[PDB]
Asker: 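Pasting a structure here, questions to come.
For the single chain, residues carry numbers from 1 onward in sequence order. Scope of the values below: all heavy atoms of this structure, side chains included, with no hydrogens, waters or symmetry mates. According to its header, this structure was worked out by X-ray crystallography, 1.8 Å. One-based numbering, in listed order, for ligands and for the atoms of each.
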Amino acid sequence: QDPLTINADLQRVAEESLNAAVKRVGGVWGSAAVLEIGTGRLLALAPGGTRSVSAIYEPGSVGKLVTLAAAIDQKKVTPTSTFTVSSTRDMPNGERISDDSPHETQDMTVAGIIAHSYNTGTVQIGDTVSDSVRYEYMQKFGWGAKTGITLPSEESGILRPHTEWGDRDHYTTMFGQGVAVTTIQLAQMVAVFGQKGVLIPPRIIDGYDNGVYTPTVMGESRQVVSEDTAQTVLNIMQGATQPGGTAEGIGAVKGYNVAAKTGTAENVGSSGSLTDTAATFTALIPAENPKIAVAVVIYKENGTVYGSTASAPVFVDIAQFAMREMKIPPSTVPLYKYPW
Ligand SMILES: C[C@@H](O)[C@@H](C=O)[C@@H]1NC(C(=O)O)=C(S[C@@H]2CN[C@H](C(=O)N(C)C)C2)[C@@H]1C
């Protein structure tokens, strides 16, 4: 009978987790999308209606995965390249970049920089490639374009052409500021790293109706980064739940290796200035062999919510249930760790 991809139990878990989290942190709304790795199949989409495809926001640090993937794919850095991180860094073009949390100046590998989500390390990674090349990766990752899912009212998001970027834009676009995305776009993006560098268009329709039940096909996929890059990003993402990672404890799924990135993104409020926050979380599980990709956002007006405390618990509840329901055996290999 059923022509849609939505898993009804998973959908209930999603909605329940999402509602509870929005209320828990005093948010105004939230969204979550779960994609099946390798197929484009949408297993859950919360809330009901079109929010997950029509609400745009600056995603913050989850956007660092695009910057990182570009620099790795262009063979400009490795996971063990070292950069100095610090509270602030004055850049060649005169911009000051801050980490938004004071901390000791120290040297750290690319892997540690991403696990810790340090902006001062991230902008130096981004500076190893040209803006036109970065911008091209952004497009390939699906930003600035509708995903094509058969739901109404989908937004393309906002990706200004790189030729238009000023000194500040050059940097803010490396960590998900000055760009706007949908939740569905964030899920499509992260799945790439569990799909050998391939992006697969998301679908909600499994197949319609002689009047025969003919299933829908996978849709035109595209190589975004190489298989090696995808695997390296997937390894780096496993740093999130390790000691020192931004998702330590709170993003852990008992028995399963998690690959994730958090975000705490400033957003323009009702009265013009940067008063709002989107807490973002993008993850793949099990990390050694991803079966689902998840993106969660919780949006708050006139306050700060953190990717980790607002949105990670939504992913955890979703992910615990999905693994059991999909009969995925617990991880038998260690969580990946690069030296930091
Ligand atoms: C645009 C960037 O400034 C932020 C990206 O979203 C940083 N990334 C995160 C994050 O949620 O991962 C936090 S806040 C979080 C809460 N404490 C940590 C922190 O303050 N760091 C790592 C600087 C991390 C940054 C502001």
Asker: Identify the drug located at ligand 1.
Answerer: meropenem (bound form)
Asker: At the binding site of meropenem (bound form, ligand 1), which chain contributes the most contacts (name from the PDB entry)?
Answerer: Penicillin-binding protein,Penicillin-binding protein
Asker: Below 3.5 angstrom, do we get any N/O pair linking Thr264 and meropenem (bound form, ligand 1)?
Answerer: yes
Asker: Under 4.0 Å from any heavy atom of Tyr306, which atoms of meropenem (bound form, ligand 1) are there?
Answerer: 16 (C)
Asker: Quick one: does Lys261 get a heavy atom under 4.0 Å from meropenem (bound form, ligand 1)?
Answerer: yes
Asker: Is atom 22 (C) of meropenem (bound form, ligand 1) less than 4.0 angstrom from at least one protein heavy atom?
Answerer: yes
Asker: What atoms in meropenem (bound form, ligand 1) come closer than 4.0 Å to a heavy atom of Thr262?
Answerer: 10 (C), 11 (O), 12 (O)
Asker: Can you tell me the protein heavy atom closest to atom 18 (C) of meropenem (bound form, ligand 1) and the distance?
Answerer: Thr246 CG2, 4.8 Å
Asker: Has meropenem (bound form, ligand 1) got any nitrogen or oxygen that is less than 3.5 angstrom from a nitrogen or oxygen of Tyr118?
Answerer: no
Asker: Do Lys64 and meropenem (bound form, ligand 1) have an N or O pair less than 3.5 Å apart?
Answerer: no
Asker: Tell me which one of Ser61, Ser308, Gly60 gets a heavy atom nearest to atom 4 (C) of meropenem (bound form, ligand 1).
Answerer: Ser61
Asker: For atom 19 (C) of meropenem (bound form, ligand 1), what's the nearest protein heavy-atom neighbour? Residue, atom name and distance, please.
Answerer: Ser101 CB, 4.3 Å
Asker: If you measure from each non-hydrogen atom of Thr280 to meropenem (bound form, ligand 1), which part falls under 4.0 Å: side chain, backbone, both or neither?
Answerer: neither
Asker: Determine if the distance from atom 25 (C) of meropenem (bound form, ligand 1) to the closest protein heavy atom is below 4.0 Å.
Answerer: no
Asker: Could you list the atoms of meropenem (bound form, ligand 1) found under 4.0 angstrom from a heavy atom of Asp99?
Answerer: 23 (C)
Asker: Enumerate the atoms of meropenem (bound form, ligand 1) whose separation from the nearest heavy atom of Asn119 is less than 4.0 angstrom.
Answerer: 2 (C), 3 (O)
Asker: Any protein heavy atom sitting closer than 4.0 Å to atom 12 (O) of meropenem (bound form, ligand 1)?
Answerer: yes
Asker: Define the binding site of meropenem (bound form, ligand 1) at 4.0 Å using heavy atoms, by chain and number.
Answerer: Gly60, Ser61, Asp99, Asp100, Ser101, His116, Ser117, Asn119, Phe175, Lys261, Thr262, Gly263, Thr264, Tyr306
